[PDB]
Trainee: 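Encoded as structure tokens, here's the structure I'll be asking about.
So you know, we letter chains A, B, ... as the sequences are listed, proteins then strands, and number each from 1. Contacts here are counted within a displayed part of the entry, not across the full deposit. Numbering of ligands and ligand atoms starts at 1, following listing order.
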Amino acid sequence: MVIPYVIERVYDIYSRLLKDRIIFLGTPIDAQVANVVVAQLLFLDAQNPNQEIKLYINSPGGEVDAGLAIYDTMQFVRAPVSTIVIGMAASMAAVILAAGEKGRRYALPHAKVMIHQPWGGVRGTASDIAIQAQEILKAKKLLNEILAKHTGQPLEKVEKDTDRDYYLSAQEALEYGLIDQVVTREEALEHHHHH
Amino acid sequence: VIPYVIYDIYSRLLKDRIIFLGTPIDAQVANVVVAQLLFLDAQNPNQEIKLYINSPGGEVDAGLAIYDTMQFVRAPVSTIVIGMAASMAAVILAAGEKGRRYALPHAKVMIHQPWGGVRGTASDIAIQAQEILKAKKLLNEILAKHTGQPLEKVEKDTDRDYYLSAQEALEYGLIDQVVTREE
Amino acid sequence: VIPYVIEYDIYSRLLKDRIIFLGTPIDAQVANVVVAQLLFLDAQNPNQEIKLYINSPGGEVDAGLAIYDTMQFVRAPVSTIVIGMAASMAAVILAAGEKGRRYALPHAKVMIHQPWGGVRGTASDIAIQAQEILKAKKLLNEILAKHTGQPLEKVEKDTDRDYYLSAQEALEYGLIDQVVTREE
Amino acid sequence: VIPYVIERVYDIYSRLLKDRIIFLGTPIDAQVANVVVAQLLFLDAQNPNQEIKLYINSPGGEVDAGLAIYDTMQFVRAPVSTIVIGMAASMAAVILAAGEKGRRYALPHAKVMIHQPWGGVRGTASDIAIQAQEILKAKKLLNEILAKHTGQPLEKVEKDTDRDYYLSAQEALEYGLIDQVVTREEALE
Amino acid sequence: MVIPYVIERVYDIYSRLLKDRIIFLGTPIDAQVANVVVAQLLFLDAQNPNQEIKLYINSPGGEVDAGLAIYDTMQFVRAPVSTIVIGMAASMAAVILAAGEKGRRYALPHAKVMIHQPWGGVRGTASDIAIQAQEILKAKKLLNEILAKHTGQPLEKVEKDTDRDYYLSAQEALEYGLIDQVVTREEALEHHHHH
Amino acid sequence: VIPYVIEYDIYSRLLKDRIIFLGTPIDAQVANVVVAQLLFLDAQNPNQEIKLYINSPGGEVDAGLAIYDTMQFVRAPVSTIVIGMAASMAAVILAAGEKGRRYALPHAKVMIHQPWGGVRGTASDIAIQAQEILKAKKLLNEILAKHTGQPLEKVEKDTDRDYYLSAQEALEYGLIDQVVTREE
Amino acid sequence: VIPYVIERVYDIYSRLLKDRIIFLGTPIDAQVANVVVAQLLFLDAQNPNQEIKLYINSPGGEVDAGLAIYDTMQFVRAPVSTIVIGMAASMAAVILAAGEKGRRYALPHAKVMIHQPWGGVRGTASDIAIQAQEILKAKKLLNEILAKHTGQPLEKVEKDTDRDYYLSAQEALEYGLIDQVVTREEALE
Amino acid sequence: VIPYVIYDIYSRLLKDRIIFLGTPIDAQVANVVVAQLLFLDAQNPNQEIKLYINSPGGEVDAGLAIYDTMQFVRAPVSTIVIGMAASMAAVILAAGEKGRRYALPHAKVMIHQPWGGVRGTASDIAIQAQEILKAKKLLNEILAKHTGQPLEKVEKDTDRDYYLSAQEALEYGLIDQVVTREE
Amino acid sequence: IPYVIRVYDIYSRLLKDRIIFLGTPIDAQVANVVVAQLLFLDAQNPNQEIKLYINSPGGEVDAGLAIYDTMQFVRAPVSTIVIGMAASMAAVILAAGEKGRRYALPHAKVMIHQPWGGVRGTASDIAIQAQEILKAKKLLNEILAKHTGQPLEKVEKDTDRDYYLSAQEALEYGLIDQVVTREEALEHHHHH
Ligand SMILES: *[B]([O])([O])[C]([C][C]([C])[C])[N]C(=O)[C]([C]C1=[C][C]=[C][C]=[C]1)[N]C(=O)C1=[C]N=[C][C]=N1
Ligand SMILES: *[B]([O])([O])[C]([C][C]([C])[C])[N]C(=O)[C]([C]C1=[C][C]=[C][C]=[C]1)[N]C(=O)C1=[C]N=[C][C]=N1
Ligand SMILES: *[B]([O])([O])[C]([C][C]([C])[C])[N]C(=O)[C]([C]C1=[C][C]=[C][C]=[C]1)[N]C(=O)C1=[C]N=[C][C]=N1
Ligand SMILES: *[B]([O])([O])[C]([C][C]([C])[C])[N]C(=O)[C]([C]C1=[C][C]=[C][C]=[C]1)[N]C(=O)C1=[C]N=[C][C]=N1
Ligand SMILES: *[B]([O])([O])[C]([C][C]([C])[C])[N]C(=O)[C]([C]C1=[C][C]=[C][C]=[C]1)[N]C(=O)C1=[C]N=[C][C]=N1
Ligand SMILES: *[B]([O])([O])[C]([C][C]([C])[C])[N]C(=O)[C]([C]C1=[C][C]=[C][C]=[C]1)[N]C(=O)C1=[C]N=[C][C]=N1
Ligand SMILES: *[B]([O])([O])[C]([C][C]([C])[C])[N]C(=O)[C]([C]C1=[C][C]=[C][C]=[C]1)[N]C(=O)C1=[C]N=[C][C]=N1
Ligand SMILES: *[B]([O])([O])[C]([C][C]([C])[C])[N]C(=O)[C]([C]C1=[C][C]=[C][C]=[C]1)[N]C(=O)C1=[C]N=[C][C]=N1
Ligand SMILES: *[B]([O])([O])[C]([C][C]([C])[C])[N]C(=O)[C]([C]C1=[C][C]=[C][C]=[C]1)[N]C(=O)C1=[C]N=[C][C]=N1
């Protein structure tokens with residue numbers, strides 16, 4: 001990772017966009033990356049609980065527990081976080097996208113969203129498998145409910161849709177409720193009348 | 001490795017209607033045990049077959065194959081545990097012809113619930129979780145039938161590893177005699 | 001370690017008795033050797049029955065169909081007996097024994113599901129290999145429907161994920177004809 | 001890759017340390033216990049009366065290293081509020097439960113899991129006997145620590161921890177592991 | 001490979017069916033398996049140049065040079081060789097199937113045939129690559145011609161068809177000319193009138 | 001070994017001059033860092049041009065589109081310059097610079113072709129992933145047609161296999177606007 | 001897995017040896033040279049006047065081992081007919097070309113390929129110089145052996161073998177490597 | 001590894017308009033050489049850039065990148081081979097500003113045709129075979145332009161490895177002076 | 001490596017004092033960084049001496065010659081000092097310091113021998129590289145003869161196998177000029 005630098009002020013490129021209240025979620029999600037995203041949110045909200053945070057998303061997903069950490073921290077924090085999917089937002093990364101501030105969830109034109117039920121693995125004795133099987137079942141229902149809340153769709157629809165991989169174009173993601181605008185071009189700064 | 005007689009040593013004891021189950025149990029060894037039974041019963045459906053057991057267990061499906069074939073075959077099979085009979089190998093021991101299930105003095109029996117592993121999606125895990133649950137209850141029931149113990153007891157005993165001396169295996173019902181000399 | 005008997009190894013001796021074992025996962029090499037035993041046993045006597053004991057988790061559809069097609073083609077009727085496990089293609093081979101001569105032991109299982117596989121290549125190449133897997137899926141659903149008697153719309157929905165059957169459940173599904181406990 | 005902030009350039013975790021925030025987000029081994037312990041000691045030396053927030057996302061780890069973190073929280077004057085985000089399991093559950101009473105928090109979809117210790121020993125029979133006894137004490141010791149800090153009868157924690165025992169955040173409230181399920185930032189009541 | 005045995009006569013199962021003039025081509029084709037197939041043909045033709053040889057085929061293909069060895073030996077040998085594809089006959093194995101004695105090329109119902117152009121690889125200098133590139137080009141045209149001969153199809157059709165993987169059902173293989181009969185059931189021995 | 005200059009490393013200093021390098025194969029991590037540099041350079045001045053030097057063999061379509069979509073979205077016009085090699089997604093990024101501001105050096109190349117990939121799973125799962133690759137294929141053919149001016153039926157037949165273009169050939173195909181030899 | 005035939009059970013290659021057939025179907029290293037040489041010596045001891053058929057499918061190998069096979073064919077009284085099925089390259093081409101004149105045969109789609117030797121040397125400068133000289137002799141030696149047995153001028157084989165030179169069976173006829181392209185079994189003319 | 005001055009040693013010689021090409025050439029090193037040229041020419045398009053060469057060669061595409069950038073940039077680049085300049089690195093040497101291409105006495109130049117590798121189907125190999133053929137002719141032409149030799153000669157010389165002493169490189173046209181002391 | 005504070009690592013600080021270390025085996029990347037330090041030190045001041053401490057087992061001839069050619073080319077005189085070991089190309093670099101300013105410590109060694117290498121390829125390709133190694137052999141024998149004063153057939157017969165020299169033996173052979181044991185005392189001088 002040969003990330004570039006910018007300028008008595010030396011940042012790397014992601015650290016400089018952090019000073020502009022931009023966070024990148026660009027890797028698969030495991031505990032380590034959840035923690036560092038959570039920590040950036042906590043810091044940006046402490047800096048100013050009223051300004052918006054932009055969270056750019058390019059991720060294939062990851063661990064439900066780490067994803068929920070990011071989710072719960074977005075809801076908890078006072079600052080509203082606008083999610084923007086560039087390229088790919090799948091599995092837990094779709095959920096994080098859908099859970100931005102309503103009205104400020106954006107996709108670029110050729111970005112995608114994909115959703116599906118969780119997957120995992122257990123080894124152990126029958127008693128041990130039974131316990132973990134029950135745990136994965138709760139996560140499944142829990143994540144279906146979180147999706148239904150934030151898209152507006154009836155829950156038996158998300159359950160049916162996520163049974164296998166469900167790929168959405170950005171427009172299809174609009175029509176599904178996962179985002180609010182498909183953004184193509186950056187508009188001009190605008191003037192206003194003071195009557 | 002194995003010595004010869006004028007057969008190899010296990011093949012010669014097969015002409016004396018002796019079968020060895022001395023390895024861990026996977027499909028390949030189940031098949032070859034099943035096949036020896038089928039052959040020995042075709043040779044003579046009334047004579048006894050001795051099945052010497054030294055095994056730590058194995059796959060439930062392969063073990064049941066051996067079990068189902070012992071019950072199905074007309075010849076009565078006497079099970080003898082020398083050294084170790086654990087997990088599915090305990091079940092096979094317990095399912096010899098009642099009255100001719102034998103242990104040597106320092107042999108052991110160990111029983112416990114099944115273990116396994118599943119990868120896949122939530123739907124896929126749910127299915128295999130269900131399957132392991134049936135095998136658990138099924139094997140507890142098979143044990144209760146052949147020892148005489150109440151089923152609530154085998155379920156609580158097999159929750160973790162349950163080691164039995166040969167005498168303790170007598171009192172539990174897994175065998176019929178602790179054999180020391182050759183009468 | 002397979003044992004010997006005075007003339008054979010144990011599987012070769014039960015072959016004299018017209019017994020064939022399908023006890024491994026199915027790949028081309030084991031299909032060929034099963035096919036070859038059938039061809040030989042039918043040449044030796046096209047009217048006597050062949051017993052095919054099944055303990056297998058399945059395998060490649062192409063190799064499995066080889067075994068299937070050879071059972072239908074050969075004049076001798078082949079009784080399938082599942083001991084322990086018959087899954088995926090091995091379930092199909094079980095179901096395709098001579099009607100009335102398909103047997104399970106009490107604690108044996110059957111499992112059925114749709115095929116799985118993998119393709120690496122360009123988009124054109126994947127499209128071709130995707131179409132091929134789709135035909136195999138429909139083809140195997142149809143073969144199952146014919147030999148169990150079930151409506152095809154049912155096998156397709158049942159095989160969407162792993163579908164485990166006890167031997168009794170296999171009897172009511174049509175995959176076998178008798179759950180055999182004793183020697184009768 | 002951790003980002004930086006600004007005659008002062010910190011990395012993001014080091015900056016939240018100036019705000020008396022510590023992260024326990026990895027599995028617990030001696031190396032991470034030591035660095036958590038050291039941050040506590042420093043934060044208490046800077047001001048023994050202000051609170052320390054300890055964010056927890058960890059699957060657990062070695063009992064000895066975990067106890068190090070535990071013992072240091074009790075010993076230090078400053079009260080440490082534990083907050084589980086995502087996951088707190090095994091020793092990490094214990095550390096969660098041992099925050100200042102009333103200041104132990106979970107986010108809504110976070111989890112707690114508890115169970116007895118696991119380990120391994122090679123050696124001769126004499127050697128195995130010794131470390132078998134050691135694991136037995138740790139089991140009894142950790143059950144007691146849990147009972148103290150949740151309020152549950154000890155016969156209950158021993159039965160509950162016999163296998164993996166997963167708790168939702170609400171279930172963790174009811175069990176006594178935490179004090180509030182916090183959904184929004186206003187914890188200024 | 002735990003192949004079984006049969007009976008002062010001890011054979012393994014493939015060696016016994018060889019005494020019945022049956023040869024198996026069941027593995028991918030490399031020089032080693034070409035040689036052993038070639039050798040069985042030479043022996044069976046020396047035993048009796050007029051009786052038929054049955055060649056059962058279940059193979060995904062292999063090296064063109066080794067395949068041609070099998071092909072050239074079938075044509076050269078006086079005995080007619082009936083090819084039977086059970087399961088799969090692809091690439092060079094399709095060619096070997098198609099080159100059985102016309103009228104005695106058989107498929108089982110669910111067997112397949114697949115054909116396509118050759119593939120390979122070369123490392124070396126530009127001069128060296130040019131040489132091997134020319135070699136692969138001849139093999140391509142050569143194998144297209146061999147297919148056209150033995151199916152009856154116009155050559156620009158086989159060239160077009162083999163550009164990518166071309167899968168054929170057994171019926172489709174009949175209609176293409178690669179085989180002569182789709183064989184399902186073994187018929188009874190039959191009686192004949194002596195008028 | 002990247003060298004430093006008195007305040008930066010060499011790529012970070014040319015970033016001050018609104019130069020971005022896309023010199024590796026394209027995966028999500030390099031897409032993100034290119035996207036981020038664009039966003040920063042456009043925030044610094046939405047009217048000045050950004051030069052994007054390209055030496056890349058291509059990469060993942062999703063990451064490439066990220067770079068593409070960000071170039072179109074950002075107000076500043078981005079001049080693409082291929083030095084050495086621009087293939088697969090890197091060709092697309094080249095072709096999508098500001099019309100009239102797409103340049104090749106004399107011996108640079110462009111190569112285009114359809115996507116490739118791989119899927120492992122059940123038949124249902126493969127069908128889904130096969131449909132996805134098919135959309136990407138058509139989508140990328142359309143993006144190429146828009147930015148070169150060629151009829152779509154032509155890009156589809158040209159990209160069926162590897163299609164190598166010299167810089168001049170790239171000029172007559174529409175992928176670039178000038179073959180630049182000197183400094184002018 | 002090679003099959004068997006029958007108070008006599010041979011494997012298939014051993015049975016065709018009783019018919020004075022030898023297979024050279026692998027790459028050539030010392031081990032396979034020795035076993036080919038040994039079969040020749042045995043077949044010539046059984047009957048020095050009958051022909052030996054040597055079927056060739058090989059990509060070549062070590063010059064020293066190949067020459068062993070070559071020298072043994074010339075030395076032995078019995079005439080050895082070489083038949084290339086599939087492939088005969090490098091040393092295997094040389095062995096093909098050195099069958100009894102008039103009894104060197106190719107099947108229609110078989111190939112011949114010829115080229116100069118390749119190898120490798122590590123060591124000091126003195127050591128490299130020595131084995132460089134050795135490879136140079138082998139090059140010149142093998143070019144001469146080819147010229148003898150094809151009839152071509154030596155300046156031509158040297159230029160032709162500078163890189164890989166692939167020949168169809170017909171092209172091999174025209175070049176002198178073989179005597180007949182045999183399509184059908186009747187070679188009884 | 002590399003020492004520091006109060007910059008690291010290569011970065012300090014960059015402020016003296018010196019660039020090192022000391023590794024084998026792949027896309028990553030082409031890019032960083034190209035970038036240094038672009039920067040040095042932006043600093044001052046009239047001053048010379050010295051490019052010290054010790055490299056065994058590399059990928060043609062990356063090499064051409066370096067070549068095309070030297071021609072394109074206004075500043076004249078003097079190439080100096082110390083030790084070794086082979087394959088693409090020879091081409092880059094030969095393409096310095098005519099008259100300021102230098103070798104040290106015991107440095108070498110080696111030239112030859114490209115090498116590579118292709119996997120794939122026959123159609124795919126045909127395409128990449130064609131590509132390597134163009135690169136071969138293209139690089140022979142670039143050599144002929146910058147040495148002055150007839151093209152038939154570079155094609156026959158580069159058929160295998162062609163090693164040149166620095167003097168032999170002078171007479172061939174690849175350089176302009178064999179430099180021994182620092183005048 | 002330790003640090004000293006302007007801040008430097010220990011080798012970078014001794015570079016300030018016009019000291020260069022050649023302490024690893026010689027491959028292209030270490031040749032380049034040695035060459036670059038020379039070029040910089042000579043640009044700093046073409047008249048002051050550069051000390052080059054040598055502890056190396058040798059390396060690639062091409063990279064070594066790079067270091068050699070750069071020492072001759074550069075105006076500043078470079079004193080070579082072998083501490084511990086100077087073998088193969090590293091011996092050559094030692095011998096090619098400014099005559100009279102080539103030094104060994106008492107228990108240091110010099111070893112010389114002919115080049116070694118390896119080639120894989122076709123006969124034509126091997127012939128070409130074989131010729132190349134032969135030139136390097138003679139070229140390096142000549143460079144040694146030039147800088148020691150020995151007759152060339154002597155270096156050729158001596159370098160046929162490994163030829164180890166003590167520092168004294170290296171003096172008598174011509175590879176160095178002084179065996180230095182104690183840093184010469186700092187003294188007070190008469191100014192009449
Ligand atoms: B996803 O594909 O990103 C998905 C999220 C959910 C919204 C459908 N993730 C999972 O299902 C993960 C997969 C995984 C990734 C890496 C390591 C291990 C597992 N599964 C879990 O997080 C999980 C949950 N409960 C139990 C076990 N595993
Ligand atoms: B034992 O330990 O041998 C035991 C049998 C006992 C319950 C009567 N065996 C199992 O539990 C096996 C263990 C195993 C062996 C080899 C590979 C994998 C697992 N389990 C199963 O066979 C099984 C059954 N149903 C589902 C999954 N696994
Ligand atoms: B089963 O799991 O045994 C199943 C058969 C079922 C549908 C009747 N087999 C397959 O799905 C096999 C699995 C496999 C085995 C070995 C290598 C790869 C895959 N799949 C195929 O045979 C197959 C066929 N065509 C395309 C891809 N895969
Ligand atoms: B948990 O899974 O995080 C758990 C904590 C306890 C409260 C149940 N950890 C342990 O039990 C650890 C696991 C371990 C981690 C890494 C290496 C080895 C073991 N066990 C121990 O710390 C331990 C204690 N006594 C003896 C041996 N091991
Ligand atoms: B096939 O897929 O079986 C095919 C045969 C032809 C009828 C289309 N085989 C090949 O293309 C082989 C592939 C191969 C397999 C194993 C190792 C190496 C290559 N290619 C060749 O035989 C070949 C031909 N000429 C040059 C290089 N390789
Ligand atoms: B190219 O070769 O760079 C090409 C883009 C072209 C069509 C404009 N890229 C792909 O085809 C990539 C290659 C790849 C890179 C890394 C891992 C796997 C594959 N394919 C995909 O991005 C892709 C997308 N959807 C499904 C499968 N593969
Ligand atoms: B050919 O490629 O089969 C060829 C034969 C010759 C007529 C051109 N073989 C060789 O050149 C062999 C190749 C080799 C094979 C295995 C290990 C090492 C080399 N070379 C030699 O036999 C050889 C001869 N002299 C010196 C070194 N190597
Ligand atoms: B040389 O050896 O450095 C040489 C350049 C010379 C002809 C001016 N390089 C090549 O021939 C490279 C070799 C290579 C290096 C690294 C990986 C793979 C190959 N060849 C190519 O760059 C190339 C060009 N077109 C097609 C294939 N390969
Ligand atoms: B020595 O051991 O340092 C010696 C130098 C010379 C004074 C006798 N080195 C060599 O001979 C090197 C050895 C080597 C080192 C690292 C990789 C490969 C080889 N040989 C060459 O430099 C050489 C090899 N082939 C051709 C030209 N030069």
Trainee: Help me out - what's the drug at ligand 9 named?
Mentor: bortezomib (bound form)
Trainee: If you rank chains by how many heavy-atom contacts each makes with bortezomib (bound form, ligand 9), which has the most, and what name does the PDB entry give it?
Mentor: ATP-dependent Clp protease proteolytic subunit
Trainee: Can you give me the letters of other chains with a heavy atom under 4.0 Å from bortezomib (bound form, ligand 9)?
Mentor: I
Trainee: What is the modeled covalent link for bortezomib (bound form, ligand 9): residue and atom, or none at all?
Mentor: I/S88 OG
Trainee: Which residue is it, and how far: the UniProt active-site residue of chain I nearest to bortezomib (bound form, ligand 9), by heavy-atom distance to 1 Å?
Mentor: I/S88, 1 Å
Trainee: Check the entry and give the organism for chain I.
Mentor: Thermus thermophilus
Trainee: Which residues lie closer than 4.0 Å to bortezomib (bound form, ligand 9) by heavy-atom distance?
Mentor: I/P57, I/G58, I/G59, I/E60, I/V61, I/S88, I/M89, I/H113, I/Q114, I/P115, I/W116, I/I133, I/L140
